[PDB]
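Quick look: daunorubicin on Transcriptional regulator, PadR-like family.
Letters go in sequence order (proteins before strands), and every chain restarts at 1. Counting convention: from 1, in listed order, for ligands and their atoms alike. Below, all heavy atoms of this structure are taken into account, side chains as well, without hydrogens, waters or symmetry copies.
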Amino acid sequence: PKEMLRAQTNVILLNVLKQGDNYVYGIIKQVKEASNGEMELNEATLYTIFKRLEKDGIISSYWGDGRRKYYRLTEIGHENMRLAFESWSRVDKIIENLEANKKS
Amino acid sequence: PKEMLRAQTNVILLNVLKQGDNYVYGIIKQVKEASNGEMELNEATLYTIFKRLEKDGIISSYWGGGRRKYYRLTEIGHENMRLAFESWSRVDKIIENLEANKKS
Ligand SMILES: COc1cccc2c1C(=O)c1c(O)c3c(c(O)c1C2=O)C[C@@](O)(C(C)=O)C[C@@H]3O[C@H]1C[C@H](N)[C@H](O)[C@H](C)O1
């Protein structure tokens, strides 16, 4: 489900930045390690995805020394991630009740 | 965030059918109870989603002391749920390794 890799990739990316600001080569690098080599994200997509988020104010960009472009999570970024994790937590619960309410 | 509520609703409906075949009013009830009244789905929304899923072969329908239309998860349905649940566990792990690679 190609809309789902979109989300999965977005989730992982968001988590990398919540760790701390980072640049694309560093981001692809960290992800490939944490996935023990199974996931190589492509620049075009990271550059592609990163445009949407800054467009929506979830992340912002800044140049740091040696000079590479760095990306950081904004507050609306931190907030929207919190709402995401919490809503999805309620979903976990709804589903768990369904399973439990099943056995009864 | 309406792209995420739609995604969440699809998970729940799919997980209801994974519990067992059911009709629309039956589904709304089970969801209302598992969410202690927080997620009250209306008919129209389920018909909308079920039309898409049936078109994509994820679910099918058949007739069941009153006559009800029942919906069922197809064989392809279960398989996508396994691939989905699995791809999503892989993501969880990746994120733990990112956090692990952080401290380490
Ligand atoms: C931090 O959580 C998130 C934060 C932002 C976006 C997301 C998620 C998220 O957790 C998430 C998912 O867990 C799943 C999906 C998803 O899109 C997201 C996000 O977008 C896709 C999925 O909806 C399917 C089958 O289509 C199910 C899958 O849930 C997993 C875990 C569920 N609790 C449940 O067990 C389900 C069966 O598989």
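- Other chains in heavy-atom contact with daunorubicin below 4.0 Å, by letter: A, B.
- For atom 27 (C) of daunorubicin, the closest non-hydrogen atom of the protein is B:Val11 CG2, 3.7 Å.
- At least one heavy atom of A:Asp92 sits closer than 4.0 Å to an atom of daunorubicin.
- Taking a 4.0 Å cut-off on heavy atoms, B:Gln8 fails to register as neighbouring daunorubicin.
- The deposited structure shows no covalent link between daunorubicin and a chain.
- B:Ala84 CB, 3.5 Å is the protein heavy atom nearest to atom 25 (C) of daunorubicin.
- Remark: among candidates B:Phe85, A:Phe85, B:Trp88, the nearest residue to atom 18 (C) of daunorubicin is B:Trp88, based on non-hydrogen atoms.
- Nearest-residue assignment for atom 34 (C) of daunorubicin (options A:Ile95, B:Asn10, B:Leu14, A:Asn80; heavy-atom criterion): A:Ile95.
- Measured on heavy atoms with a 4.0 Å cut-off, the binding site of daunorubicin is A:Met4, A:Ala7, A:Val11, A:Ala84, A:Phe85, A:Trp88, A:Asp92, B:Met4, B:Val11, B:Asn15, B:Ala84, B:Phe85, B:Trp88.
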Daunorubicin N/O to protein N/O, distances under 3.5 Å:
from: daunorubicin; atom 1: 33 (N); to: A:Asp92; atom 2: OD1; distance (Å): 2.7
from: daunorubicin; atom 1: 33 (N); to: A:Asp92; atom 2: OD2; distance (Å): 3.1

